[PDB]
Amino acid sequence: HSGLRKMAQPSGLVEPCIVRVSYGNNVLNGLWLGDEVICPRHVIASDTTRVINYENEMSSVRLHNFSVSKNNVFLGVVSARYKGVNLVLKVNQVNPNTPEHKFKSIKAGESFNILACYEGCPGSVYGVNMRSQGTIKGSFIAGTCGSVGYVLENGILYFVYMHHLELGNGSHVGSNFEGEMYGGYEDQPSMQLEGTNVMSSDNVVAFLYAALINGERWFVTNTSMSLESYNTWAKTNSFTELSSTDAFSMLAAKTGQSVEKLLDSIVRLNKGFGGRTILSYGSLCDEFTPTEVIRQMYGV
Ligand SMILES: *[C@H](O)[C@H](C[C@@H]1CCNC1=O)NC(=O)[C@H](CC(C)C)NC(=O)OCc1ccccc1
């Protein structure tokens, strides 16, 4: 009974890039790469608790009003441009600890790492999973805007997320480094709603395989459901369509349960667990990808 737990990738490369950026009373995090610092543009808003006119804020932006710092290092701001909802600051000094990196976007249902930082101090690291609506269930609180999401893929560091805001339902909204807010959300204190959650089927199947590997089998019966039939069902029950079962071959082989037996399990279990649990959860979990589960269980 090893169980199943959300893991992060190490944060070592990312920590030395974090700086503190402030403008007026606002204080948040920046990402210092080469001679550039990146942070949410709302750092410039004179009042972030009411609707913001960003065209009017930028016009009155005076560079000298920025304070960017790390340790005893105070960076000078030589210029500042919007890149979508991200503010981009050319500073007078190159970050000697800049790692080799690239930028990419995260897709619905994919996992990545958060380094959560409080006004410049990196404080925690934990894995997250992008929800259907482009949000994540982070744990962001006051001071953590500009915290950074990243993934390591074959020895290559990708920066993928910059944190911006929290929705009424406790879901969290961020941007990629092209300055597009994931899910299209605006960077405003509008009482925006997330929209309905569509659970990732691939991920829920991964999670059920993890439970089987761990010796929990109650939710498997002597019935299965074909991919096509399951997809017809998921379109009308807030689940994603499953395009292929190839992703799960290893899990199916190791557990002797076909993906199709687990599609049947989802349809039954979505109506309720009947008092029982699965890896301690009393409801379906879609936070782990198939790949995440295979590496964690087998190290492939
Ligand atoms: C920036 O650090 C901050 C992070 C929020 C604060 C608490 N949890 C978070 O994720 N972002 C904002 O304060 C943001 C500003 C833009 C909308 C211009 N406003 C916001 O997120 O309001 C929602 C909220 C605020 C305070 C507590 C709970 C939700």
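Positions are given from 1 along the sequence. First listed ligand is number 1; within each ligand, the first listed atom is number 1. Per deposition record, X-ray crystallography, 2.2 Å. Hydrogens, waters and symmetry mates are skipped; everything else that's a heavy atom, side chains included, is used.
Looking at ligand 1, the drug there is GC376 (bound form).
For GC376 (bound form, ligand 1), the chief contact partner in this model is given in the PDB entry as 3C-like proteinase. Counting heavy atoms within 4.0 Å, the binding site of GC376 (bound form, ligand 1) comprises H42, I52, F140, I141, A142, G143, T144, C145, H163, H164, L165, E166, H172, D187, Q188, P189. Residues of chain A near GC376 (bound form, ligand 1) cluster mainly in the UniProt domain Peptidase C30.
For GC376 (bound form, ligand 1), the atoms lying closer than 4.0 Å to a non-hydrogen atom of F140 are 8 (N), 10 (O). For GC376 (bound form, ligand 1), the nearest UniProt active-site residue in chain A, with the shortest heavy-atom distance to 1 Å, is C145, 2 Å. Looking at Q188 next to GC376 (bound form, ligand 1), no N or O pair under 3.5 Å apart turns up.
Where the criterion is an N or O separation shorter than 3.5 Å, residue side chain and backbone included, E166 meets it with respect to GC376 (bound form, ligand 1). Bonding summary for GC376 (bound form, ligand 1): covalent, to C145 SG.
Those atoms of GC376 (bound form, ligand 1) that come under 4.0 Å of a heavy atom in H172, given as number and element, are 10 (O).
For a threshold of 3.5 Å applied to N or O pairs, the pair formed by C145 and GC376 (bound form, ligand 1) contains at least one separation below that value. Each of the following atoms of GC376 (bound form, ligand 1) lies closer than 4.0 Å to a heavy atom of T144: 2 (O). Residue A142 approaches GC376 (bound form, ligand 1) through these ligand atoms, each under 4.0 Å from one of its heavy atoms: 7 (C). The shortest N or O to N or O distance between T48 and GC376 (bound form, ligand 1) is not under 3.5 Å.
Atom numbering of GC376 (bound form, ligand 1) starts at 1 in the shown order; those under 4.0 Å from a heavy atom of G143 are 2 (O).
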